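Using the numbering of the PDB entry, the residues shown for chain A are 26-288, in order. Indexing begins at 1, ligand by ligand and atom by atom, following the structure's order. Values below: every heavy atom of this structure, side chains too, minus hydrogens, waters and symmetry copies.
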Amino acid sequence: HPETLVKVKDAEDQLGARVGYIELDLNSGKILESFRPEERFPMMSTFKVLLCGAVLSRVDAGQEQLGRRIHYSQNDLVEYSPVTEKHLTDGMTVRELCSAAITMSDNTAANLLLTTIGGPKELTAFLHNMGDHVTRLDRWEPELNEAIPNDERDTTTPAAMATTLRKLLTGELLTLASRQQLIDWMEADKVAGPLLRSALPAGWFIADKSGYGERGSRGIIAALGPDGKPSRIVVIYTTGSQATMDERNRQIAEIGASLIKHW
Ligand SMILES: *C(=O)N1C[C@H](NOS(=O)(=O)O)CC[C@H]1C(N)=O
């Protein structure tokens, strides 16, 4: 709606920064509203959904098994590793690492999964081969969150990210079991409380992944809808603002409150 578009415009003004927005219909793929859809924004932690899609694609092919146990060390631990720091002795399974990367945004879990597929280049090659020639990953955690202005590394566009998520969640690429595992992890997100979830009415489904980085970077990707079933995809990114994290949270939640109210 124009009201949601106005709310996105307001956010840009109140944050003093670019906001990228896409609202996409899940069944048909039709864009319902957009804002700066072809502009690039840092993905930040939102890339972890695409990373575990690559992992699931390798699981489907038998190049990976979800039960496979990965043992790592203390020198592999990077900043923000709330789950992987607890499993240095027993290791973790690929399934557990994807749950940690998506549900808790564990950074070491993300790096360990990137190694299983061959690094940020193979993730980009995976995205390339599924029809996304726009989104690119180039660096590891935490360096991928630098959000240097006009740097194209580790970026997506609202339009590319929204269509790629759709394909991963509902497209022919992954097997039904893998599509279901990916949306399960996302539905179990526990670090996106103050964003779209804060605007969600009772009984609504949401499966999302948020992120933040340097230079005021903040974002979220989600599939959501009424009656306990997802029906649409929303992508919101921003970068450049000196605003506090709580401000950016509130601006994104008000965009969500807006699109929920004219659903
Ligand atoms: C993702 O952008 N990141 C991982 C972690 N959690 O933040 S999130 O919940 O918004 O994903 C810490 C911050 C950030 C990072 N610097 O990697």
For this session: Name the drug or drug candidate found at ligand 1.
Result: avibactam (bound form)
Exercise. Which chain is the chief contact partner of avibactam (bound form) here, under the naming of the PDB entry?
Worked result: Beta-lactamase TEM
For this session: Decide whether an N or O pair under 3.5 Å exists between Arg243 and avibactam (bound form).
Result: yes
Problem set entry | Residue/atom in covalent bond with avibactam (bound form) | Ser70 OG
For this session: Identify, for atom 15 (C) of avibactam (bound form), the protein heavy atom at the shortest distance, and state residue, atom and that distance.
Result: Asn170 ND2, 3.5 Å
Exercise. Avibactam (bound form) versus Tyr237, non-hydrogen atoms closer than 4.0 Å: side chain, backbone, both, neither?
Worked result: both
Exercise. Between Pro167 and avibactam (bound form), which part of the residue brings a heavy atom under 4.0 Å of the ligand: side chain, backbone, both or neither?
Worked result: neither
Exercise. In chain A, which UniProt active-site residue has a heavy atom closest to any heavy atom of avibactam (bound form), and what is that minimum distance to 1 Å?
Worked result: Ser70, 1 Å
Exercise. What part of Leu169, side chain, backbone, both or neither, has a heavy atom within less than 4.0 angstrom of avibactam (bound form)?
Worked result: neither
Exercise. What protein heavy atom is closest to atom 9 (O) of avibactam (bound form), reported as residue, atom name and distance in Å?
Worked result: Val216 CG2, 3.1 Å
Exercise. Backbone, side chain, both or neither: what part of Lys73 comes under 4.0 angstrom of avibactam (bound form), heavy atoms only?
Worked result: side chain
Exercise. Checking heavy atoms only, which UniProt-annotated substrate-binding residues of chain A fall inside 4.0 Å of avibactam (bound form)?
Worked result: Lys234, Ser235, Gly236
For this session: For avibactam (bound form), find out whether one of its N or O atoms is nearer than 3.5 Å to an N or O atom of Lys234.
Result: yes
For this session: Name every other-chain residue that has a non-hydrogen atom under 4.0 Å from avibactam (bound form).
Result: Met69, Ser70, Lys73, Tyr105, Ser130, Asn132, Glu166, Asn170, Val216, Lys234, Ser235, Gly236, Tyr237, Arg243
